[PDB]
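Heads up, this one has aminocaproic acid in it.
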There are 2 protein chains.
Amino acid sequence: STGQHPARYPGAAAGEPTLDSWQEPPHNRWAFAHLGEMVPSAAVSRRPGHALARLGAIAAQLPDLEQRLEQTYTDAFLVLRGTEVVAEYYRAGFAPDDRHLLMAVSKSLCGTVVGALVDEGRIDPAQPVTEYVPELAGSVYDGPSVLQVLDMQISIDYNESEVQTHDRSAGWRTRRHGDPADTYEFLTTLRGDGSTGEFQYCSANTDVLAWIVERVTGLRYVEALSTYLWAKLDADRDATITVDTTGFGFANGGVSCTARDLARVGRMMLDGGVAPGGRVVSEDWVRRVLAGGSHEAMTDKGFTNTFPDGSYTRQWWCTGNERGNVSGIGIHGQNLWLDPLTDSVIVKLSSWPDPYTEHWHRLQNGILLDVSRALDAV
Amino acid sequence: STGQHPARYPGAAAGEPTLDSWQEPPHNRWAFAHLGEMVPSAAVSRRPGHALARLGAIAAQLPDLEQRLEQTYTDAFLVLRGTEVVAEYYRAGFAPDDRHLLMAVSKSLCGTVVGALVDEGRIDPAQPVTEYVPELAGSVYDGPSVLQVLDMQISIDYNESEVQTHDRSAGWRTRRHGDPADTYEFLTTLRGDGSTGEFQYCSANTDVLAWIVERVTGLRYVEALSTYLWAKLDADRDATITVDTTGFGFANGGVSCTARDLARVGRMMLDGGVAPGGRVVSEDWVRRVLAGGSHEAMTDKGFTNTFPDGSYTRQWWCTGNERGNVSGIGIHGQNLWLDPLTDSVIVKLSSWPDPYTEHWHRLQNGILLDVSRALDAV
Ligand SMILES: NCCCCCC(=O)O
Ligand SMILES: NCCCCCC(=O)O
Ligand code: NA
Ligand code: NA
Ligand code: NA
Ligand code: NA
């Protein structure tokens, strides 16, 4: 058993509705107003073919930028300097207001929600995960602290296979006989040697954070993400997040939103944690994110080869470079890149053919760093 | 085999992507921008509990209207007189701009798209279905004309079981071993005694119409619905439609939209087929819808008990009453009701516990008729 979870709707029984019961009362009143949460659905456009390139002033400094963006399968690119959009690019077929999957950039959003709850005193990072999710007793999450989950410093046997099993349990792939029923169940099956302290990137960690969020607030993660973050950004559009059969949002990588709206998250980070709709996280939380995690814990050569003094903390990758760059990162080329020096945010949403290779990583970081430097006063 | 179908995206192979291949190239470029079409997803609100009742002037004539709406599980109710919204009601928990499943009201939208193509001469209702979908040869749709599909005058062995099998084939319910792979396949399995001329309500008919639309335009039904109808309404929001594993929209009942936007469809019908974005259908098509179908074909006592001179044509129910009322209808209480006498449109979106009973039918029609009469000059 995985304990109490936020009901899909007020008064809903556990796990209700399912694909086979949503047309039945009392589920249908809710389902008829949220069918996309139960059945794959397409948008029928209210609006009746070429790339949109508005690189602005950085074009003179980076003449081959558009070509570089094309080479890295860029779908949406936006540079926010201060409160102003100074550069934009959208591939042919992708509108400026279209939403794009964030993959692991979603993790940085989840960490932000956790941070908001820490500020309220509803979550103490020093406490063990089991203080909030007792049902994780007996799993690899039995012993580690919430902060160790936030910093991903837990050794886990996660063949990266656990990765595909995670997808199947969440609805991202077709289920196989015997698979865990939902994401909560999947998490309870995870094991490790018990060691902690060393960084190990594992998407299961973020879903555990979302589970903690649900237990401390009583809200579905989808709602918590809106209440604690999205609804305070004065966003142009709602964001979306895939949900599993219980309605649990895929916190580790299922959020989709527009490039301009994702930039509002970065703006909030560079504004000390304050957004137009109110404070999202404390100044202290933002400071800790920008400061970075323990360098000694970071042993991922894939990251340190490029960023020797890099680290990871609270669901954000910290380059530790001369500019103090920090970034949310997702496979296939997603970045919510922060450049505090120039008070700028760079959003790059892409679709590389591969989830990750040293090649794409090199090209992508080259673009983000060049764009950042192009914003420097001269 | 079911022949050629519109690709999910430009250059996509047949049936691609699937739930197991959307993360792979070249599918991912498209999938990352339309993930809701592959995996159930929830909205993360950009906006930070009580019913909204603005019955306007009809309140004096119908003092117990709100209670009557509550009794019929009303979620959204809107009255458009001319070009003005004169009355509105939304249950607690349902915002004015929230979308609601239309169920079979979706059929009237599909018929409108077919009508647009008839005007262009791309579809001749007198032609057999097989003239456009040869793959339907050998099925109950081998012989009947497109008009007979439009008027639902084809005898079909459709246990209403075929009804649940239809849902499973489309993704509305969990698949069973042996089920047709998609909606197209399901349609080809349908049989009948060969007789025609008598009305038989069957949702399979509308999906055949959508299939014809795809074969004549080369567009996915989802896109055709936008291009030929939705994008010309100057709608506030996009509509949505559930899609099966091939991306085929559930034309017979999977569309969702706001009450105000659905009213724009009625406005177009009362405006001779013209919408703000251009003509949707010809004046003649609208005239034929308002005129009704053959009364002799209408043998559904469930309809004629209330509307003795009623009929059905081109995916619309025609009451044949003294007011000439015509309406799009969907199970659980959905209506796109037209009252030409007062140049008004009444939209009622509900969630009755039951798909249909004489009881709900009586109460619902009582409300629509009373509201219509309340709009009469006095
Ligand atoms: N297992 C689905 C992918 C989750 C996102 C992971 C990442 O972007 O690093
Ligand atoms: N089989 C799903 C329901 C389809 C809608 C049918 C109707 O509204 O009459
Ligand atoms: Na904080
Ligand atoms: Na990694
Ligand atoms: Na027409
Ligand atoms: Na019927």
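The chains carry the letters A, B, and so on, in the order of their sequence lines. Following the PDB entry, chain A shows residues 5-52, 57-168, 175-392, kept in their order. Residues 5-52, 57-168, 175-392, in that order, are what chain B shows, numbered as in the PDB entry. Whatever order the structure lists ligands and atoms in, that order sets their numbers, starting from 1.
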### aminocaproic acid: ligands or chains
ligands 1 and 2
### Chief macromolecule bound to aminocaproic acid (ligand 1) (the PDB entry)
6-aminohexanoate-dimer hydrolase
### Task
Name the other chains in heavy-atom contact with aminocaproic acid (ligand 1) below 4.0 Å.
A
### Task
List every atom of aminocaproic acid (ligand 1) that sits less than 4.0 Å from any heavy atom of A:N266, numbering the atoms from 1 in the order shown and giving each element.
4 (C)
### Query
Taking only heavy atoms of A:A112, which atoms of aminocaproic acid (ligand 1) are found under 4.0 Å from at least one of them?
5 (C), 6 (C), 7 (C), 8 (O), 9 (O)
#### Entry: Close approach of A:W186 to aminocaproic acid (ligand 1), heavy atoms, under 4.0 angstrom
yes
### Atoms of aminocaproic acid (ligand 1) close to A:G344 [distance to a heavy atom under 4.0 angstrom, numbered from 1]
8 (O)
### Query
Is A:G267 close to aminocaproic acid (ligand 1), meaning an N/O of one under 3.5 Å from an N/O of the other?
no
### Covalent attachment point, aminocaproic acid (ligand 1)
none
### Query
Mind checking whether A:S217 has an N or O less than 3.5 Å away from an N or O of aminocaproic acid (ligand 1)?
no
### Query
Should A:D181 be counted as touching aminocaproic acid (ligand 1), given the test is an N or O pair under 3.5 Å?
yes
### Task
State the atoms of aminocaproic acid (ligand 1), each with its element, that fall below the 4.0 Å cut-off from a heavy-atom position in A:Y215.
6 (C), 7 (C), 9 (O)
### Message
When you compare aminocaproic acid (ligand 1) with A:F264, is there at least one nitrogen or oxygen pair between them that comes in under 3.5 angstrom?
### Response
no
### Query
What residues, by chain and number, sit within 4.0 Å of aminocaproic acid (ligand 1) when only non-hydrogen atoms are counted?
A:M111, A:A112, A:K115, A:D181, A:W186, A:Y215, A:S217, A:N266, A:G344, A:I345
Protein N/O near aminocaproic acid (ligand 1) N/O, under 3.5 Å, which pairs?
from                         : atom 1 : to     : atom 2 : distance (Å)
aminocaproic acid (ligand 1) : 1 (N)  : A:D181 : OD1    : 2.8
aminocaproic acid (ligand 1) : 8 (O)  : A:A112 : N      : 2.8
aminocaproic acid (ligand 1) : 8 (O)  : A:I345 : N      : 2.8
aminocaproic acid (ligand 1) : 9 (O)  : A:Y215 : OH     : 2.6

